[PDB]
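Check out this one - CB3717 stuck to Bifunctional dihydrofolate reductase-thymidylate synthase.
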2 protein chains.
Amino acid sequence: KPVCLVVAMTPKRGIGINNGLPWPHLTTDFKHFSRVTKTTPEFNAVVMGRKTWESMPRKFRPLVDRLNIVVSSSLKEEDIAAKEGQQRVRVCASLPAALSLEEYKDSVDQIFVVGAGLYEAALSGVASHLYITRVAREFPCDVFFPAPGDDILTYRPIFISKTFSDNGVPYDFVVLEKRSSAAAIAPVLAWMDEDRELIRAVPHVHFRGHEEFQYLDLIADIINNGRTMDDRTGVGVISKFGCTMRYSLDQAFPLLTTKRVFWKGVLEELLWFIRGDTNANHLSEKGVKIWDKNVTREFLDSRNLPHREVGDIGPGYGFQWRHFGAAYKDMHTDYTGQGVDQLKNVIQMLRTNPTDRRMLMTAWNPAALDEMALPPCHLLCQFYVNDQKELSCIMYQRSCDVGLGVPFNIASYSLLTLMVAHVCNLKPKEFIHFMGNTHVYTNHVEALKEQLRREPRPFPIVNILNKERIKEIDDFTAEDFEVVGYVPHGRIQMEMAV
Amino acid sequence: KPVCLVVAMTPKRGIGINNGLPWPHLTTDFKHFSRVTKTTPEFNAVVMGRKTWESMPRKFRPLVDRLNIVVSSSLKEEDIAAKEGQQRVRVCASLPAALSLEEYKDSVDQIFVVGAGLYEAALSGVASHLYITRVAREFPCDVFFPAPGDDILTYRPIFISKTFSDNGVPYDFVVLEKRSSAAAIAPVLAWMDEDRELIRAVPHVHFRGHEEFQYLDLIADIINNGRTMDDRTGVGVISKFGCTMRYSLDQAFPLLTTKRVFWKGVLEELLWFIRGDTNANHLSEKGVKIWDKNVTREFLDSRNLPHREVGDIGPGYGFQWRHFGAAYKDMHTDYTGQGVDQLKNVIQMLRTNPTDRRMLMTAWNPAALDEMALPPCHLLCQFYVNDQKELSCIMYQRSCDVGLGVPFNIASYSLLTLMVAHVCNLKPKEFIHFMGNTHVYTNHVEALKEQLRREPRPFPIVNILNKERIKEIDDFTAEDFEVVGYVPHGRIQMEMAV
Ligand SMILES: NC(=O)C1=CN([C@@H]2O[C@H](COP(=O)(O)OP(=O)(O)OC[C@H]3O[C@@H](n4cnc5c(N)ncnc54)[C@H](OP(=O)(O)O)[C@@H]3O)[C@@H](O)[C@H]2O)C=CC1
Ligand SMILES: NC(=O)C1=CN([C@@H]2O[C@H](COP(=O)(O)OP(=O)(O)OC[C@H]3O[C@@H](n4cnc5c(N)ncnc54)[C@H](OP(=O)(O)O)[C@@H]3O)[C@@H](O)[C@H]2O)C=CC1
Ligand SMILES: C#CCN(Cc1ccc2[nH]c(N)nc(=O)c2c1)c1ccc(C(=O)N[C@@H](CCC(=O)O)C(=O)O)cc1
Ligand SMILES: C#CCN(Cc1ccc2[nH]c(N)nc(=O)c2c1)c1ccc(C(=O)N[C@@H](CCC(=O)O)C(=O)O)cc1
Ligand SMILES: Nc1nc(=O)c2nc(CNc3ccc(C(=O)N[C@@H](CCC(=O)O)C(=O)O)cc3)cnc2[nH]1
Ligand SMILES: Nc1nc(=O)c2nc(CNc3ccc(C(=O)N[C@@H](CCC(=O)O)C(=O)O)cc3)cnc2[nH]1
Ligand SMILES: O=c1ccn([C@H]2C[C@H](O)[C@@H](COP(=O)(O)O)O2)c(=O)[nH]1
Ligand SMILES: O=c1ccn([C@H]2C[C@H](O)[C@@H](COP(=O)(O)O)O2)c(=O)[nH]1
């Protein structure tokens, strides 16, 4: 009785223009499409429409090792005679009729629907599952997919793949669904035990391969297995202390789809980190006001620096990066020469001695803290190159703010890793996340509660444009980037704690 | 009709003396001895010898919610309690004759035999499984256990507990034994897994809950999933970059059992980080030579310090902890007063502002590296207290030598945590391990793997002696400790890549 439907698709439901597919041969999909419809472990049926049949290459088009059926009225038998095992290709008046052709039951064990209108037909019971490549890079189409919701901003999600990429296209794969020895030793497992938790992320999606879940389940654990603590601000925290998330970069770039990340500013801050700016005023008016609230006249006073020109973060972050150990004067002082340029070495090292185990970047100088707007959240990282000339990053963070900053802070260093990857002449492998007191604020509860009701969407690609004018990490300029096929959910307003 | 035994013994197989039990009430065992023997998710039987019966206080004697059978010819008639009143008591002649009580077979699911004399005749033919509370201390005994091979230096494992403890007694729990749609989901998992000799720590131990496994498994993955690299020394490693481990402290200290830890030096070294000495000729002189290797005349001349007194580690770990950023003169130089006393701030904060997120200890001072014998491995740590006045630690190691140093490293910063927990007046919970490039030298390939065969033994518990006289971190003296119930296998010995 039951059937399945293979579809690749632009997020707005496009499938095929001028009789074809609009994306350049994406190959990790062609794997997927093959090794689904071909398998019963170690033949199946593939039922397409007349025009679906046409969009195929002549040598390819007897779809191999599975029976084909074509819902057509004009053609029938001019098809073959066009030349082992390979089944005589059939033509069935309609799709309910394709099903009737069952003379065939037992001789096939899975039927797979590879056409628009034919798709509408399938919906008008039949199926149960819908194998769907989520393509995120949009293209123009004419033939669009029919009416379950998300993909853009019932058949329930049961699988999310981890986002891949070929020839400029980010896309993940999804699955929609219609809606003694061993035991003798449980007596003891029984008592050391406590079991279900049950404020968890996305339950009905069983296979959870989209890397973002680390984060979403990092939320759950926090409220589930965290403790309700005081902190500086006056706004209640729920903390675990010490977690971890590592992400793939070698395909798609890890910008949180769950809610519109603030890209813009994580880029603008990195530069500001690459530059060595300590004047947060240089940020503010470029539209990035995240640090505006940590240097206010009213705040530097409550940080015991009455001696600071509102904005000055002092020897904070990147200052410690490029000028370590120096006597910092003011956010107008040209510091070019003073202090260790940690960051200078990392790249010098990486391009000559990649096997070194001294590729770090410490923003924690104890002989400072009471001079900065605030002592550093993300305080240290490390770089590494293995067999495949692939760069990889670890960053260590004292205080991670999951509702708000983490999302941000995530890209920041992933983005950076790309930065470093390129300058050193490499292809970027993995960023990883090591966190101190890991917590969420109390007014972040209800809002995060709701973010948990969102499916992760395929990650974007982030490109370095102008790779050939870029030779060093400064040659990077707020323009040399392309945030592609990024398909976010809606932003969630979560208040910052001063 | 095979069965299970309820043991609770010392490493040499000692079980009871002068008719009692030789260890002070151990409660986490008593529960364990309760829950096991009456179960199979919706009674059982407990069979014992005459004196094994006279052990119990009469209030305990009727072992409630189970069947009690006592093989003995002397005792025939009793009553000490004699209501529901389900229990029913029964006396026997011999064990094979208690078995011969199957009436009963329906009324009871499994029988458990709880001592000596009856233990040795239960083997000498039925049985199958052995519920054994490995007790890590020895005590004076007379009534021992029969003929063991894994209490000290068939019945194969399956399950290892995680070392608990009551009243100064560490002990593991172990088990020995005789010798609807997701079908849709499969097609895709299939191909993704498609690369798929993998060696593995004790695979005949299914439940692996001891904790040391993290490390043993840490080995497996390293050779299994790591890269063949050239490193500084010219030895060659297999490395993964980015691993972790976090160990239970509030019951037992995580001193490694698979191979004898070189405890002795670990204690001394930390104190020598607590003292901050740089002259390794002090260390050498108490019989610890792990560091005398990287401070030879030839090594500092290979570190282009022609001006360093064979030993002087430079402004290394300890120096960076107690006197930060300060001009370092020599390994004799009294520096008392210079720089930042990172550590002193930590306790200071912890006794006052525990909810702080500024309780750290950085030894990565990049304005130093060119001076020291080596740039710091265990570079950063962090202190945290939840609302349960419990401490916790993260340390961050840039580089890790799994074979030799890691075990060593493990104790150090655990041992530390205990100190910090006691001095701040707290009860320690957990240490956590964050490692960068994590690698095993290629000449450790074989030694390790032979370590892989060894069972973890229950962890030891470590005590601070002279808790009263100890008021600050300095008040610690190389003798204010005892290692209790540590039962390692022999040390393997793995060369150090100079
Ligand atoms: N990205 C992806 O996953 C996919 C990409 N594509 C693309 O889509 C485009 C073509 O799709 P589409 O225009 O919808 O063409 P179809 O493959 O759906 O074929 C249409 C024709 O098939 C017959 N047919 C289809 N449905 C019915 C029906 N319900 N009842 C009776 N006959 C039916 C008719 O044939 P007749 O006129 O002879 O009577 C009809 O003209 C191409 O550009 C193609 O490459 C195609 C498949 C999937
Ligand atoms: N740590 C633990 O897990 C355990 C602790 N213990 C301790 O062990 C000690 C007592 O053990 P143990 O000395 O060995 O005494 P037992 O419990 O084995 O009892 C011995 C008596 O039971 C009868 N009996 C036992 N075995 C046989 C046999 N094979 N054939 C015929 N009769 C048999 C005889 O009784 P009779 O003379 O009347 O004919 C015999 O004298 C105590 O100190 C007790 O507390 C006891 C249980 C387990
Ligand atoms: C991490 C980091 C760097 N930082 C610095 C920074 C400084 C103090 C902090 N304080 C606290 N308590 N939490 C933080 O996350 C935090 C972050 C950030 C600061 C703000 C936003 C932020 O407000 N994001 C919002 C709105 C931004 C916008 O659109 O203008 C959002 O879109 O969700 C992001 C990053
Ligand atoms: C980590 C750390 C601190 N250190 C410092 C230290 C310095 C340089 C290093 N270099 C390398 N390549 N690996 C290390 O583990 C290492 C460790 C240690 C050094 C040696 C031993 C060691 O030799 N342990 C042996 C034998 C000791 C003995 O004689 O008893 C053992 O018993 O296993 C342990 C710790
Ligand atoms: N996910 C998905 N991706 C697609 O490309 C796709 N294409 C169609 C129709 N278009 C085409 C065009 C060419 C081939 C094709 O040549 N198929 C080969 C793949 C070669 C390989 O094994 O890599 C095949 O034999 O299956 C298939 C479908 C229908 N559903 C789809 N569904
Ligand atoms: N693992 C193990 N631990 C033991 O202490 C033990 N003891 C015996 C015999 N000694 C004793 C002495 C007293 C009680 C007793 O009072 N039993 C109570 C436990 C109380 C509780 O539930 O906490 C019982 O009702 O089972 C049991 C065994 C046999 N096998 C053992 N096996
Ligand atoms: O890059 C950053 C910078 C700041 N914070 C958040 C984490 C803490 O919740 C908050 C307050 O800083 P402290 O009170 O921990 O200094 O800032 C981040 O998460 N990431
Ligand atoms: O506390 C320590 C000190 C040293 N090492 C080992 C790790 C490296 O294998 C080795 C060499 O140091 P670098 O070449 O990475 O500096 O020392 C540790 O694992 N832990």
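To find a chain, count down the sequence lines: A is the first, B the second, and so on, and within it residues start at 1. The basis for the numbers below is simple: all heavy atoms, side chains too, and nothing from hydrogens, waters or symmetry mates. Whatever order the structure lists ligands and atoms in, that order sets their numbers, starting from 1.
Copies included, the model assigns CB3717 to ligands 3 and 4.
Other chains making heavy-atom contacts shorter than 4.0 Å with CB3717 (ligand 3): A.
In the PDB entry, the organism given for chain A is Toxoplasma gondii.
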